[PDB]
Amino acid sequence: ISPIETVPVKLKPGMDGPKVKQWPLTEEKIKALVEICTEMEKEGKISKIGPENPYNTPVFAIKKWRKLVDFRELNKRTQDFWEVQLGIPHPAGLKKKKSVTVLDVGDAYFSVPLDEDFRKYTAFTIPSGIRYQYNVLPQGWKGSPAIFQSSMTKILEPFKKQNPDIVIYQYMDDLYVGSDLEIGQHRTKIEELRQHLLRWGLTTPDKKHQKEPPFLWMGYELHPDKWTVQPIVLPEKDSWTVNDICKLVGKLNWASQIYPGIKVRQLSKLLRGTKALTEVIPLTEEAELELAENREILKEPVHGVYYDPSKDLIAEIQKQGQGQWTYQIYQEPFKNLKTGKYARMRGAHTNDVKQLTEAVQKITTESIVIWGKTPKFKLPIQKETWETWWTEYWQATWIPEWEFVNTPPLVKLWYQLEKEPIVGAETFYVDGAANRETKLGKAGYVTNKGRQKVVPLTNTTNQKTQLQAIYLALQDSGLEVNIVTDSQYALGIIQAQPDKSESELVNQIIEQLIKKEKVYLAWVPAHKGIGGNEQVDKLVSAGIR
Amino acid sequence: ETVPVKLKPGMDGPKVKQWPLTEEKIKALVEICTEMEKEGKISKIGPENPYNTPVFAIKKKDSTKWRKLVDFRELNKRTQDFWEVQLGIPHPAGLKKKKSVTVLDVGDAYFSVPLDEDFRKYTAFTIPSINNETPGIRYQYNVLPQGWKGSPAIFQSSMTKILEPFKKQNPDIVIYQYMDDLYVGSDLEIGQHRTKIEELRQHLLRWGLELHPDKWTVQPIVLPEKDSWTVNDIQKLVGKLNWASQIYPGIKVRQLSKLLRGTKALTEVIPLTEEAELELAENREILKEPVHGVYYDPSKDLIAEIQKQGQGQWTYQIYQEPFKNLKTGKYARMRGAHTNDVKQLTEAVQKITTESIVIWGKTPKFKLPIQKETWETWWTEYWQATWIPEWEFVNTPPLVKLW
RNA sequence: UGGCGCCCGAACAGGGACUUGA
Ligand SMILES: Cc1ccnc2c1NC(=O)c1cccnc1N2C1CC1
Ligand SMILES: [Mg+2]
C-alpha cells in the first residue's frame, strides 16, 4: 500500500551498470543475510532475478546483523542528483511553537518504490548464489536521499495544503511537526498526519513512543519555546595537542553561536605551522587566560529564543580587541536570537573599520540565509568616522542600516594620511634594495638638509626593504614628514590605514604613524631621476647592484 | 515545431548554487512562479534533474511589480556556439550614431513559443526557502526562458516578420535586440521619436508581444593646470604621464623630470622652463587625442574596468587588451543621496553595459572595485536590467585610479 | 563508504607589484 510515483533514474552516459563479484562471507554472515533477505522479500521490497540480469553489487553484514550494501560503483555511476536541502535551518530562524513531535518514519528509504527500469542495476548476490534486486530505495545509494525527500514532500503537500498552521520539517527521516495549537488538538492533528502517512505506506511510531522535548537535532537542544546547543565539555588537561586543540576550537566555535564572548583567536593561532598531531604544544600565556575565560562563559546555561516576525531584528556588533568581533542578534533586550563571532583578518593588512564592514557582510549574509532580512545593526563606529572612511576609500563599501552604540571599545581611525603636502616639514625620499641571491638588503633615506643613513638588512625581501626604509623615515624625523616612497606595494600597505597587521614591521610602521601628527606619503616612479630618489638608490644600492 | 538546442561539445548542464534571497524576493518569486506554472510557462520537476540556475527578483524601472530574472550567464556560455554561430543577430553599426535610442522590453514574447524538450532540463532553477525550513521549489522552463541568450536567437525568426511591416513603413528606424530588450534608434525629435515608438508598440501588441548615443563622448585625460607648480604637483604629473605613456606611446617626461634633478622639498614652487613648457604643451596635445592603433576585435570579449573616484564620481574604461581603452567615460551620479556606493556601482554597471550593447553588441567583463560579499548581496536589489553581464572582483591599483 | 563545516600544507591556473640577468 505505497502508491508513490517512481522518480525516473538514468545511468550516466557511456557507462554501464556495476559488475562486481561478491566476495564470499563467513557462514554466520551468509545465514544472517539470507534470513534478512528472505524476510525482506516477504515484505515485497525484494525480488529474485536469476542469471538473466548480469549486473551485480557486493554485500556484507555488519554486527542482530545489519545488512549493508556498498553502492560505491553505483553511486559514482548514477546521474548526479540535486540534494536541495544542502544546509540545515538554524534554530534562531525558527518560530516559537507550542508543541512539536518528531514522528520518526520507520523504513524511510525502504517504503519508496524504485524506478522500474533501474531496479535491475541495484542487483546483488548472496553466497549459497541467490541473486536479488531492490524494488525500493536502498540505504547508502546516492539517489536515495533526494528521491525520498521529494517523495515525502509530495506526500506532505496534500496535508500541508489543508493545514497551513501546522509547520512540518523533514531533515533525513524525522518529521518535526510544529502546530502551535493546544496539546489536546495538537495530538489529534498528529494522529491525522500519522494516518495520512500510513495511507501512503509510511509508518510512524505510536504516540506512546514519540520523543519528548527537547529534541537533540544536529548538535542543538531544541525546546518548544527556546533553543540551545548540546552540552559542550572542554577537556581539562595540561598537555594539549594539535588534534585536541582542534576539538577545543571546533567545540568553542559551536558554542559561539549562542554563548557570547567566546574567543578562539589565540587557540587558532596555536595551530599555525603545525602538521603532526602528536606535537605537544604547551598553551601560551596569551591563550591560557582566554581558555579559562571561555570556560567561565560555558560554565552557565545560555538559552536562546526563536524568531518573531512581528518584531524588529537587531544585531549589535562588539569589539574585544586583536581583530575579534562579536555580534548578538536579538529582537528584544537580553533575548539574543543567536550570538556570533567574526575572527577572520581577511588579508595581512586591515583596520577596525574594514574588519567591522566585513563582519557586517557576514552578518547580513547569514541573516538573509536564516531570516531573509538584514537586521538593524548597532555598530560602535561613529557616524562621522564611517563617513570619513567610506568617502575616502577605494572600495564600494556601504552599511545598510545602523545606529551608534557607545560601547567602551569604540571603532576609530588611529591615523589619517595628509591629503596635501605639509609646509615646513622635512621630505624623506625612502627606498631599499634586496640582493637576489644573498638575501641581504639595505634601507635608507635622503632629506633636504642633507641627512644620510643606510642600515644593513639581513634575510629581508625587497618589499621588506621598502617597508623598513619607510620605518626609518618615521623614526629619524619629527612630527611632520613627507615620505616619498617609489614602491606601489608600500602605498598599498600604508594608504589602506591598517590598525594592525600580521607582520611586525608593518605594526612598527603604523605604531610610528600614529605618533606623527601630520604624515604625507607621496610616490614617484622608480628609475626616472626624480628628486632625491636617484640619490637614494645611489646609497641603498651599492653592494646590491 | 521546437527548434533543437544542444550545448557546446564536452560541456554539461549548469550546476550552479542558488544565492540566498530576502523574504520579500522569495515571496514575490513564489507568487509569480506559481502563476507561470498555471499558465504553462514553467513546470515542476523531481530530484532527477541536477541542473540549477540562480534566480533573482527585481523591480523594473518606473514600476512596482516584481520581475523575475534568471542568472543564465553560465548557460549562455554553455550554449555559446549555438547562439553565436548557429543562430545570431547581426549588429547594426549605425545604432550607436542614432540621436535617440529606446530600450524596449520584448522579453514577454519569448513565452509564446515552446522550448525543445531535450533542452528544458538545462533551464531548471530553484526557488530558495527562508532558513531552508522546507525544500526549495524546483521548476523548469517549458518555453524560451527570459535572460537566456538562445531565446532571442530562436525568436528572431518570428521577430523579423513581426517587425517587417514597421521596418518597411519606416526604413530609417534601426532596430536591434540583444537578449530580451529591443534597442530602437532614430534620428527624430524626442517627441516624434516617442510617437514612432508608440506606433511600434502597437505593432507589437497586435502580434501578441531612453538613450542618447550622440550625447556619448569619450573622457580624455586632462592634465592639471595651475600657475604655482610645487615639487609634489610635478612629481604627481610626471608619475601620471609615465603611466599614461603605456596607453599613449608619444608621452615623454624627460624634460619635466629634468627640473627635479636635485633633492627639493615637496612644498617648493619650482618654475617651469621654456623647454618644459613645450614638453607640457606636447603632452597636453597628445592626451586630448584618441589612442592610435586601437580597434574593436569581435573575436575578443570586451573587458570593463570601474574606478571609484569618490564624491559619487565613477570613471570606467572598456578595453580588450591592457592600455587599449576602446571607450573611457565618467559616470556622474544619478541616485544614492551621497550614502550608497553599491547602488551607484550597480547603476554604473548597467549604464556601461547598455552602452556596450548599443555600440559593440556585447556585455564587457567587469572588474568591480567592491568586496565579493557586499556586491553578491546587494547588486540584486538595485538591478533593473533583464540582462546580466560577466563581472570579476579585483583591487584597483592607486596609480590607474587617477583619471 | 560518502557528504558537510573549519584549520594547516602542496600542486595549480590566471591578475597585480617588484628585483636581477640577457
Ligand atoms: C529541528 C527543527 C528544524 C526545523 N524546524 C523545527 C525543528 N524542530 C523543533 O523542535 C522546533 C522547535 C520550535 C519551533 N519549531 C521547530 N521546528 C518546526 C517544525 C516545527
Ligand atoms: Mg629602487
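Naming: A, B, ... by sequence-line order, numbering from 1 per chain. Remember, it's 1-based here, ligands and their atoms both numbered in the order they're listed.
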Query raised in the report: What macromolecule, as named in the PDB entry, provides the greatest number of contacts to ligand 1 in this entry?
Result: Reverse transcriptase/ribonuclease H
I need the drug at ligand 1; it's one of ibandronic acid, nevirapine, dihydrotestosterone. Which? nevirapine
Exercise. Heavy-atom contacts under 4.0 Å: which other chains make them with nevirapine (ligand 1)?
Worked result: A
Q. What residues, by chain and number, sit within 4.0 Å of nevirapine (ligand 1) when only non-hydrogen atoms are counted?
A. A/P89, A/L94, A/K95, A/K97, A/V100, A/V167, A/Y169, A/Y176, A/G178, A/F215, A/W217, A/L222, A/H223, A/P224, A/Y306
